[PDB]
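Entry below: contains Bestatin.
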Amino acid sequence: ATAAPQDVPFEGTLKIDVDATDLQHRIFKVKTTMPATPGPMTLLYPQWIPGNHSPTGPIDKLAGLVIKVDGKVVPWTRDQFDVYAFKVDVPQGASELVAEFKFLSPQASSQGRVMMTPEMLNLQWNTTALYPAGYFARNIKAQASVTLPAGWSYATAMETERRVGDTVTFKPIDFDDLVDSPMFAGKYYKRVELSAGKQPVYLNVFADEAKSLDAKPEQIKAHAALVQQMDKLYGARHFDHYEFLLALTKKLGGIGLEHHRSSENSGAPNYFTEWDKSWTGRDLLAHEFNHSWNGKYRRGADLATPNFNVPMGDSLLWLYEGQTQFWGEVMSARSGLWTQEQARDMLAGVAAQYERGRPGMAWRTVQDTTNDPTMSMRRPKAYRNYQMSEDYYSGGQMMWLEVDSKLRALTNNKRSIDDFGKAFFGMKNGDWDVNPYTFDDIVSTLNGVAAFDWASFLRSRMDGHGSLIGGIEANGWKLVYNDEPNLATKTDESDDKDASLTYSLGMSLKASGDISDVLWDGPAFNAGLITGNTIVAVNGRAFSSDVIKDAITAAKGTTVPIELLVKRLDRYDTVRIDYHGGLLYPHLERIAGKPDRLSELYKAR
Amino acid sequence: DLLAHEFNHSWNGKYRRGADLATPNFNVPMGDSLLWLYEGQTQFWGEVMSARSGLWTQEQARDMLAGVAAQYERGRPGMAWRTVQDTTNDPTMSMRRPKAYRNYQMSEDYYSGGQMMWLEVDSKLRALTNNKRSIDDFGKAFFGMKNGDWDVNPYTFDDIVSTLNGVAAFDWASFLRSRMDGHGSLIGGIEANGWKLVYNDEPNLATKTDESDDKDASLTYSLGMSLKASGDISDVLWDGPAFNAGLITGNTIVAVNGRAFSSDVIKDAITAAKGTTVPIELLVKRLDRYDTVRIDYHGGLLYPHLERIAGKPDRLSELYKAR
Ligand SMILES: CC(C)C[C@H](NC(=O)[C@@H](O)[C@H](N)Cc1ccccc1)C(=O)O
Ligand SMILES: [Zn+2]
Ligand SMILES: [Zn+2]
């Protein structure tokens, strides 16, 4: 019901002034000022947010909305068929419209991710913005300011005009870049140089406590190496400068969100201080950084929408996210954020997920999972393994691994997926506007690296129900299962003594015995068990992770079922599970006769 | 009954005291042999006087007495080997430290077992005298001398006998010894004074009040155990059904016929098992292990009450009546 945005000039400047001082209530106070055009005027609250691929704009957290034209309140009417659109009537001869409101950010995780704490805050300008309908967002010149808690430091890719006391005024910027230029602020801050030169890269760290900022030299070097390895892959940087934003916290809501010249990232307080325990999540900065090339600069044409209030088409997210998931893990190994053994066991877990952990592939394609952002909005799902769940990430990753192996085979290892990366994202160094692409562009660039029917290859994997893990064998390794723990599973389990048993009993458990996941058609599923039931005892003994694992091993090769005493709501029963395969965890093993292209792929350049 | 109990001791215990208990200083041992008078008859008068004074209703006092009677009819299997007299040694033996089986080791039964004997003494005094004398006459004769005197006036066993004989001639020495040195019934005073101990599924008023608010489950006369609302067993009756399933205090009843434990859940299952041949299935936690036991108990919920014997004179109500 809101008129379509037009690629026409916007006269004047959209001023967005935010007071971010009410940490106790977690309220962002907002004033938006813009020229007022006589007649009906519709203002938009951003709905579809770039990088979320879904209508995540928190419309019901916009409160206290009062709109004044030249100082006189004008009543507003919401469009009942577009609840993000507010309509007012501007009198003839008017000059200026001011909208004031408050963004009531989450006071608990049940409302969304927390954005204010006693020590830090995360300002996402889309949550504090109203903008006129009828214009391509990039045509609206904007200028933002923020009043910070007293004395706090801040970081953002957006250039500062002046700080007066605790009020930071930024230089004017196009409105789409404003939304794409989030800010972290906090009292415990460290700025770390990752790459000097004409297109510099910095790491901005905020923490709950100052002791978490003590990054050691080798740990900083791994982040600096990430930047160096991206240069080798792409040969260009799509920014004039880049600002990593990293929150080390137990209070701010978790985040990984890419932008052209920055990314919003969260880690635990021990990101640096316990480097060897916090490794499984360290592909995060590599992942989001890669999006500066793959997602921000190059974007699918159906995803690159003209404003924030028309729907996004996610059809090509298996490139956007899929190949970024691939490069995040590859680049973690190439830079030293991960060890080679860590990256290899992680890849083994991905391969196992599609060989045995995704029975839903029998009926649903990876391509259809590009609709999961809008279908589910990351709300809880009963069977991620059977409904599927954004597999354009990891399923896409496996496809790109096979693409790499095929490029090598076609060219006697003279070309690889690195050549696609440079060809598709390496043009136009320094540009950070949007360069759209279609499916045919992907095929054409791949064909330019090595001639082959890439259109049929891509569609057969993304529209099919068959194996996605062919890149493992083609690049010289084989997926196996044994009772040796997977490094990723072990690290993810060991803090609370949880039990991941996907490939043995077909479920995962918390240390409490509560079932946290059940594999469709697996042994636990076939006993009627669901997530939320509790394993009370194993063969009569009070549950623990060691107890149930010992029982699985004890049942290997026998005919005596494992007796699980189960609590289902307010009832207790004993189920007999005839599982005798023992503990099974995925790993990769070399195929001795074939060249090891996998290790070449994961090797630093 | 607390203030009635301790007040009665001003007469029975402080003023009149057994000679072996009335020691010359605080640092030579006390002889407790006569505590079934000191505490036993005071336990008796504490409850009687609660009814006479209105601290308790008559219905409350009657259900309390029913619980005492049931305790010695069915709740004290230890009487098969231990006498009430020997429990006067429990203060020094145990110092009220925790014991596994109050019902089998016995536990200061000179209180409530003594109370039951004194009820029977009352009934016998009435029977010997065509209801012209009662235990009230022993109270006045034994403790009613020397108004205003609060020095200690010691007594021996023979003094108890002679004063009882003065109320109504009878071989009181053999009577007292037969009850305090015996292993047989102590509840004869109930029927002699016109009532009968019965059990049914109607809650005992004392048990109900003691159960309430915390949602506990006293099941002594059905499953032979008591439980907290959590399912933790708080008591087990020797040779009862729970005992015969190997259960001990501290074990936990996790489920009843598969349903998560509650006091209502286990009570409903007991009622559902009344008159059938389907055992009650209890899921039990014993330390860190779980097992299911089958209890073949089909008597239903059983709580003690007193009921009139219609043909007999109601002396019990006279005893509990305000004077
Ligand atoms: C902490 C990490 C798990 C974060 C990780 N982030 C990403 O993949 C980003 O590149 C995504 N662009 C973040 C995203 C995608 C879809 C809907 C909402 C948010 C994610 O999976 O959300
Ligand atoms: Zn991503
Ligand atoms: Zn007393």
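Each chain is given a letter, A onward, matching its sequence line's place in the list. The numbers used for chain A are those of the PDB entry, and the residues that appear cover 22-626, in sequence. Residues displayed in chain B correspond, in order, to the PDB entry positions 304-626. Heads up: this isn't the whole entry, just a piece of it, and contacts are only counted within that piece. Below, each value reflects all heavy atoms present in this structure, side chains not excepted, and no hydrogens, waters or symmetry copies. Counting starts at 1 for both ligands and their atoms, following the listed order. For this deposited structure, the header notes the method as X-ray crystallography, 1.9 Å.
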Note to self: Can you help me spot every copy of Bestatin here?
What the structure shows: ligand 1
Check: Looking at contacts alone, what is the main macromolecule next to Bestatin (ligand 1), by its name in the PDB entry?
Finding: Putative glycyl aminopeptidase
Notebook entry, point to check: Which other chains get a heavy atom nearer than 4.0 Å to Bestatin (ligand 1)?
Noted result: A
Next item on the list: Name the residues that contact Bestatin (ligand 1) at heavy-atom distances below 4.0 Å.
Entry: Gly72(A), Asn73(A), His74(A), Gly277(A), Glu279(A), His308(A), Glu309(A), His312(A), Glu342(A), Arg399(A), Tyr414(A)
Next item on the list: Return yes or no for this condition: an N or O of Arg399(A) is under 3.5 Å from an N or O of Bestatin (ligand 1).
Entry: yes
Next item on the list: Could you list which atoms of Bestatin (ligand 1) come closer than 4.0 Å to a heavy atom of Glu279(A)?
Entry: 9 (C), 10 (O), 11 (C), 12 (N)
Note to self: As a test of the contact definition, would atom 13 (C) of Bestatin (ligand 1) count as having a protein heavy-atom neighbour under 4.0 Å?
What the structure shows: yes
Next item on the list: Using a strict 4.0 Å cut-off to heavy atoms of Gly72(A), name the atoms of Bestatin (ligand 1) that fall inside it.
Entry: 11 (C), 12 (N), 13 (C), 14 (C), 15 (C), 16 (C), 19 (C)
Check: Near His312(A), which atoms of Bestatin (ligand 1) are under 4.0 Å from a heavy atom of that residue?
Finding: 10 (O)
Note to self: Closer than 4.0 Å to some heavy atom of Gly277(A) - which atoms of Bestatin (ligand 1) meet that?
What the structure shows: 4 (C), 6 (N), 7 (C), 9 (C), 11 (C), 13 (C)
Note to self: Would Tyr414(A) count as being in polar contact with Bestatin (ligand 1), using the rule that some N or O on each side must be under 3.5 angstrom apart?
What the structure shows: yes
Margin query: Quick one: which other ligands or ions are closer than 4.0 Å to Bestatin (ligand 1)?
Written below: ligand 2 (zinc ion)
